[PDB]
S.K.: 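Here you go, one structure.
The numbers used for chain A are those of the PDB entry, and the residues that appear cover 843-885, 887-919, 924-1130, in sequence. Any value given below was found using the heavy atoms of this structure, including those in side chains, with hydrogens, waters and symmetry copies removed. As the structure lists them, so they are numbered: ligands from 1, and atoms in each ligand from 1. Looking at the header, which is where the method is noted, we find X-ray crystallography, 2.4 Å.
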Amino acid sequence: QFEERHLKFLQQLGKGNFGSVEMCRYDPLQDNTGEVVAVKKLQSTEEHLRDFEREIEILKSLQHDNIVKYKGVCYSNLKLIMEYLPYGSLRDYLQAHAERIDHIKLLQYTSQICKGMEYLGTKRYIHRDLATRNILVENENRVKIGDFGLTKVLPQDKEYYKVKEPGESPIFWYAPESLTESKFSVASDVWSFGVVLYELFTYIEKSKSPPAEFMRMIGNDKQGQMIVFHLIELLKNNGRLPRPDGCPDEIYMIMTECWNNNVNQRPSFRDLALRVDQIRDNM
Ligand SMILES: NC(=O)c1cnc2[nH]ccc2c1N[C@@H]1[C@@H]2C[C@@H]3C[C@H]1C[C@@](O)(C3)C2
């Protein structure tokens, strides 16, 4: 329902899981007016096309404040049309404005990521790619989960979805049962949320990121697909990301409790939202 000839290229925004996202002016009157939007397209196999159409449907089915807004599609090679958010990714915003973002603000974002995820759960959706690079900023007070490219629907009958053909993955955000048995759940999204909260309290220092930090603990000399093996074994032996500099005990406990080897012990997003809110209301 969006006409290709009316989408005017302004600039690239970045590359996602498969395809890429552009900033365009939608100008169907062909005057000067018309909103700016974000346009996703594939760089395109059949397997990817199937997934992209699933992604569109997932995004269409979501209405939440903490989820990026679907606007429409563009047929002629599919295009997904979304709201454009001018502050960009949380990782970029945080790096740009690090000096005016205090711990309270960080827990406000944390709280909003929890709400959006709690909402994902009610629809039995598994995000699988929770990371600050995937969170967008709407304004200094509101963030939105974007990129639903790897998101899966739980079948009506099972509490986990096994992912056939695991391509090159965000391995440092993955729960152990995801790395071993390709098993994805509300519990694995909770683990990843734990890494997101870790990212926030490091303020995305380069050397403090989850990849830099696990490679430290494995050894920079280790290589290839050995990396994944050493990571699985490290996690089995209760090796964990360190407490970020300036991160209080109470906050670290949320992270370590999210990073439980036992799937059933990991807290719920309902618990995480409430717990975060109180620590926030404790300052
Ligand atoms: N609504 C959007 O998709 C969107 C809106 N405004 C934006 N401003 C900068 C990126 C961006 C958007 N998507 C970006 C795209 C996909 C994914 C999430 C974003 C950052 C990323 O690195 C990874 C590239």
S.K.: Return the drug name for ligand 1.
M.R.: peficitinib
S.K.: What is peficitinib bound to here, taking the chain with most contacts and naming it as the PDB entry does?
M.R.: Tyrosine-protein kinase JAK2
S.K.: Among all protein heavy atoms, pick out the one at the shortest distance from atom 3 (O) of peficitinib; state its residue, atom name and that distance to 0.1 Å.
M.R.: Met929 CE, 3.6 Å
S.K.: Does atom 24 (C) of peficitinib have any protein heavy atom closer than 4.0 Å?
M.R.: yes
S.K.: Do me a favour and list the nearest non-hydrogen protein atom to atom 1 (N) of peficitinib with residue, atom name and distance?
M.R.: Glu930 O, 2.8 Å
S.K.: I need the nearest protein heavy-atom contact for atom 17 (C) of peficitinib: residue, atom name and distance, please.
M.R.: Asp994 CB, 4.1 Å
S.K.: Are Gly935 and peficitinib in contact, using a heavy-atom cut-off of under 4.0 Å?
M.R.: yes
S.K.: Considering non-hydrogen atoms of the protein only, which is the closest contact for atom 16 (C) of peficitinib, and what is the distance?
M.R.: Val863 CG2, 3.8 Å
S.K.: Counting each atom of peficitinib from 1 as listed, which ones have a heavy atom of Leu932 under 4.0 Å away?
M.R.: 5 (C), 6 (N), 7 (C), 8 (N)
S.K.: To check your reading of the model: name the closest protein heavy atom to atom 21 (C) of peficitinib, its residue, and the distance in Å.
M.R.: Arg980 O, 4.5 Å
S.K.: Heavy atom under 4.0 Å from peficitinib: found in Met865's side chain, backbone, both, or neither?
M.R.: neither
S.K.: Distance to 0.1 Å, residue and atom name: give those for the protein heavy atom nearest to atom 2 (C) of peficitinib.
M.R.: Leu983 CD1, 3.7 Å
S.K.: Around peficitinib, which residues have heavy atoms within 4.0 Å?
M.R.: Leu855, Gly856, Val863, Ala880, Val911, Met929, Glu930, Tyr931, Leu932, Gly935, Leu983
